[PDB]
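Consider the following structure, which contains estradiol.
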Amino acid sequence: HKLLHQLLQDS
Amino acid sequence: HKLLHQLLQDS
Amino acid sequence: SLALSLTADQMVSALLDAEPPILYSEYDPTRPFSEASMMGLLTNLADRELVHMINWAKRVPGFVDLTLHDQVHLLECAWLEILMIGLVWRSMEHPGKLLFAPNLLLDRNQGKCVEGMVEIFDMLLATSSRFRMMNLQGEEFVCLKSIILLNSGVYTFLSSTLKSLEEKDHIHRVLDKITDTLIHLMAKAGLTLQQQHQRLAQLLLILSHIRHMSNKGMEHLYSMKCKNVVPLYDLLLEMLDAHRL
Amino acid sequence: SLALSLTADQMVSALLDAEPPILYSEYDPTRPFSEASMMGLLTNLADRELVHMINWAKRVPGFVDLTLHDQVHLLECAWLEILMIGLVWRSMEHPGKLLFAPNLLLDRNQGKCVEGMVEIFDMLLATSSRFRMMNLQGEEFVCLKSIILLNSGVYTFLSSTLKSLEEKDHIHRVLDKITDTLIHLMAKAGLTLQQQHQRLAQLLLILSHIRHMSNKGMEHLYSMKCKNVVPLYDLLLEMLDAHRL
Ligand SMILES: C[C@]12CC[C@@H]3c4ccc(O)cc4CC[C@H]3[C@@H]1CC[C@@H]2O
Ligand SMILES: C[C@]12CC[C@@H]3c4ccc(O)cc4CC[C@H]3[C@@H]1CC[C@@H]2O
């Protein structure tokens, strides 16, 4: 589940 | 599709 | 003699009067539950309920005004959603359990007796919990169940000429009367206009989850059928096959 | 700084501002369409839209207040329903056709290039026709799409303690604000209270059909994946796999 979880955390 | 169609038509 | 001339009170009375009989599961089953015995009990119950569902649907205001082909389509679309909403309603007073019938109360661990069943039981249990948190009333439940019957199959008819257009319009007008009925019940209960709209939205959004559960339940039943684990009656077979046709 | 303190106008403005970029399909494809080439174009478009969907969801009032695990769950649940509602909205001005992108307008017969696709195209076309008959407005469409994001996965979280309860409550309060927003838009358009409740119900009942289409679309994509006909990016793979996990 890493890709979505990582893309959501940034900014 | 006969069974349902026949059961609906009666009374 | 028209469904469209009913007051909100007359609609509720017609829906309560339409209610099917209460059924009991097949008497004294052997302990413990096998995948075949649990599936057999649940499908035998579902087939008997389907027989009474036909009579119930014929008493839902506006249903008998449709063509026989359209009545068949609505039932083939909605059958499992209607069985599930009934189950979820009956299970509200049994946290963590599903009341399939008064003599058939199953917990989530009993669901583990059938491959892929516990996941469906969990979604059903979550819906029952949601209905309890909302304090769903019996008069609201009957409106929701009739909404399922009329709405589920309404976007999936063919284009059967101008008659299909007339039929869809009729269904949408009956659905509008049921919305007016739910709003009246909420207004009579003392809810503000804002609370009335909020509650109507919350109830209707749960129907999207019931649709999802029915699709999952359908894939599960087809899988149990294919494995040659359960014998099925033609009515249940016809209802299931309409979702493969 | 809270989603729950927004007025109906501020909610609409926040949703319109959240809108993702408009994408064009991959330039100059070969004629005619093969099952592999059509699937490749549609999935490449869906993966690019999913990347922008993440940024859109982060701008939906209330979404970033949830845990990262919950944001992941909501997106994994709703992704295909959100792609489909966007498609249905874009296709309203193209009767009998689906506007996947401004340079990718497909008719139902073009759907026949992929096994099992025409049945899905027909359900999408029927939803687009329904939106046209209802004269769905852009401000209503953005409310519906945010309702899908927040509602789709709300009955399928685990029980992740009291934090899960807090999260579900938060989502339900944001959904209540979106209901208030739809009602305000209808009231401003000059609809009577009865017409406002009727229209809200009609819009929310369409979300049950979108859920059904997403479940069917999911089974279709998994089947195309399995046949080794389409290469897929990890984001799309992760979203699809969440419905098999
Ligand atoms: C359709 C299944 C068997 C029949 C079950 C039933 C049987 C009777 C009833 O009133 C409701 C339900 C709901 C869920 C159904 C199950 C979901 C999966 C299983 O295959
Ligand atoms: C998921 C499918 C490929 C991607 C398609 C798409 C691609 C882009 C988009 O904006 C919407 C849709 C809706 C339907 C999807 C199709 C339904 C079945 C097919 O497998």
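Letters A, B, ... label the chains, following the sequence lines from first to last. Here the PDB entry sets the residue numbers for chain A, with the shown residues being 1-11 in order. Residues displayed in chain B correspond, in order, to the PDB entry positions 1-11. The numbering of chain C matches the PDB entry: 305-549, in order. Sequence positions for chain D are given in the PDB entry numbering; the residues included correspond to 305-549, in order. Just so you know, ligand 1 is whichever comes first in the structure, and atom 1 is the first atom listed for that ligand.
- Here, the main chain in contact with estradiol (ligand 2) is recorded in UniProt as Estrogen receptor.
- Other chains within a heavy-atom distance below 4.0 Å of estradiol (ligand 2) are, by letter, D.
- Mapped onto UniProt domains, the residues of chain D touching estradiol (ligand 2) mostly lie in NR LBD.
- Residue-ligand proximity: D:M421 is placed with a non-hydrogen atom under 4.0 Å from estradiol (ligand 2).
- The shell of residues lying under 4.0 angstrom from estradiol (ligand 2), judged by heavy atoms, excludes D:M517.
- UniProt's 17beta-estradiol-binding annotation for chain D and the heavy-atom shell under 4.0 Å around estradiol (ligand 2) share D:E353, D:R394, D:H524.
- Checking D:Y526, D:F425, D:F404 against atom 5 (C) of estradiol (ligand 2), the nearest heavy atom belongs to D:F404.
- Of the protein's heavy atoms, none falls inside 4.0 Å of atom 2 (C) of estradiol (ligand 2).
- Proximity of D:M528 to estradiol (ligand 2) is not established, as no heavy-atom distance is less than 4.0 Å.
- The residues lying within 4.0 Å of estradiol (ligand 2), counted on heavy atoms, are D:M343, D:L346, D:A350, D:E353, D:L387, D:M388, D:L391, D:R394, D:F404, D:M421, D:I424, D:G521, D:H524, D:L525.
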